[PDB]
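This entry carries benzylpenicillin (bound form).
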Amino acid sequence: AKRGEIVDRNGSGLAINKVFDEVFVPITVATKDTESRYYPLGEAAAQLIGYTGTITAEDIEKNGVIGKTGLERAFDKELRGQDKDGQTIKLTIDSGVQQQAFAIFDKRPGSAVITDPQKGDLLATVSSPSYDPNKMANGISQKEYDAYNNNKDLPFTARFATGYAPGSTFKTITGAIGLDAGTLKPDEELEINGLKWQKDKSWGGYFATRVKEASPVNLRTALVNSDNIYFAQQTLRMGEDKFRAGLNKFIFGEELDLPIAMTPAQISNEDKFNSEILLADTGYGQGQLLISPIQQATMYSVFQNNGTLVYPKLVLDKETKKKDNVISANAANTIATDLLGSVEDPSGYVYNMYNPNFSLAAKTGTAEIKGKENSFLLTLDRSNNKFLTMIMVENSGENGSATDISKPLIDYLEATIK
Ligand SMILES: *C(=O)[C@@H](NC(=O)Cc1ccccc1)[C@@H]1N[C@@H](C(=O)O)C(C)(C)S1
Ligand SMILES: [Cl-]
Ligand SMILES: [Cl-]
């Protein structure tokens with residue numbers, strides 16, 4: 001039986017079969033014609049699609065080829081058939097978006113998740129660096145394989161499913177929670193002097209620090225300037241109960257119906273912060289938050305659905321599933337409108353991607369890990385609400401920011417997905 005195909009949303013192949021003339025024990029391509037598993041996108045979708053391998057003795061313990069990793073293994077039952085050819089599985093992936101999202105990294109460690117925010121379609125799930133899935137499935141030498149395993153940037157890992165601290169992009173949720181709680185007034189002008197702030201001397205040598213000097217600061221200025229002090233103060237103003245009440249309406253601790261293994265997102269290590277510092281850190285995306293890029297794109301989907309959360313989906317014919325009224329419609333549109341300044345204001349961090357013919361909201365972020373720094377970029381299509389991007393660059397202190405590489409992807413999406 002011929003193994004079933006994995007195709008993208010347009011029917012283009014992602015995991016298919018192709019006949020080669022191999023130079024009987026086939027080694028490499030030239031003598032005998034054999035059918036081999038082929039991946040047209042190669043490393044661009046290696047971690048997602050995975051690769052196949054020969055059935056081993058340990059596999060036959062839980063009663064041809066079998067999917068070893070990725071969707072080849074998760075869908076191995078439906079794909080392998082029975083010798084009835086295997087079934088064809090059509091994904092939400094867009095091959096053009098998948099290849100563009102992978103090209104921007106250029107061996108930099110990071111990930112990119114592009115979604116249809118109103119339907120949950122995962123248009124692209126990219127992890128960098130990557131590996132050749134055709135060689136892993138049909139013949140890789142110990143030299144090339146050891147180069148993958150000794151790569152400290154870990155190309156085999158699926159970074160879009162790994163949990164990270166979200167960074168300053170998380171301020172969009174903290175601000176929306178503050179709006180619905182009634183403690184955050186969008187027009188209130190907060191006096192903030194200097195670059196560091198603590199509640200009082202009980203914080204010791206720790207301060208919430210910002211990068212830009214500005215006063216007074218309202219909600220929109222705090223988002224565009226990415227002011228940590230404003231959001232640390234607003235988080236302490238609302239309190240842990242009001243803060244967690246809004247956070248708990250998101251998908252924290254919730255396993256998703258995605259064929260991708262993923263630890264659920266968490267707010268902190270325990271049910272209580274037991275620290276004003278930890279409560280304030282969580283307000284601007286640090287602390288003990290662990291959210292994967294797929295989970296981040298899911299949480300941030302509320303700003304393009306009038307406060308409704310749209311769950312992600314990878315299989316095209318799967319019905320859209322939502323979580324209603326995670327935040328209010330007024331809070332979602334207030335935050336999304338304020339994020340237009342990140343792209344449209346000449347001093348905004350995403351002004352490099354400014355397009356006078358397209359409405360793009362955005363929010364950047366740099367997380368400090370116990371150190372190293374990761375860069376994040378969230379963009380929101382506000383012209384038609386047809387795409388959402390969650391882009392991350394690991395070790396941004398050496399690899400640069402996500403904003404510095406993501407413009408060709410955003411330009412591609414504004415002309416294609418629109
Ligand atoms: C949000 O993530 C904020 N980041 C920090 O407070 C930590 C940090 C890391 C490196 C340098 C300075 C501060 C602010 N948002 C990011 C961002 O948008 O890239 C800033 C670096 C502007 S700070
Ligand atoms: Cl799915
Ligand atoms: Cl920003």
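One is the number of the first residue; the rest follow in order along the sequence. Order of appearance sets the numbers: ligands from 1, and atoms from 1 within every ligand. Side chains included, hydrogens not; waters and symmetry mates left out as well; all remaining heavy atoms used.
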Benzylpenicillin (bound form): ligands or chains: ligand 1
Chief chain touching benzylpenicillin (bound form), naming from the PDB entry: PBP4 protein
Source organism, chain A, as recorded in the entry: Enterococcus faecalis
Proximal benzylpenicillin (bound form) atoms for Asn228, defined as those under 4.0 Å from one of its heavy atoms: 1 (C), 3 (C), 5 (C), 6 (O), 14 (C)
Benzylpenicillin (bound form) - covalent bond target: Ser168 OG
For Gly167, the benzylpenicillin (bound form) atoms whose distance to one of its heavy atoms is below 4.0 Å: 2 (O)
Polar contact flag for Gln286 and benzylpenicillin (bound form) (N/O pairs, less than 3.5 Å): no
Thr366 N/O under 3.5 Å from benzylpenicillin (bound form) N/O: yes
Closest to atom 14 (C) of benzylpenicillin (bound form) (judged by heavy-atom distance), picking from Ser168, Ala362, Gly397, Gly285: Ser168
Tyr349: numbered benzylpenicillin (bound form) atoms lying under 4.0 Å from its heavy atoms: 22 (C)
Contact partition for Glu373 relative to benzylpenicillin (bound form), non-hydrogen atoms under 4.0 Å: side chain
Binding-site residues: benzylpenicillin (bound form), 4.0 Å heavy-atom cut-off: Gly167, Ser168, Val211, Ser226, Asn228, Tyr349, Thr364, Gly365, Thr366, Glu373
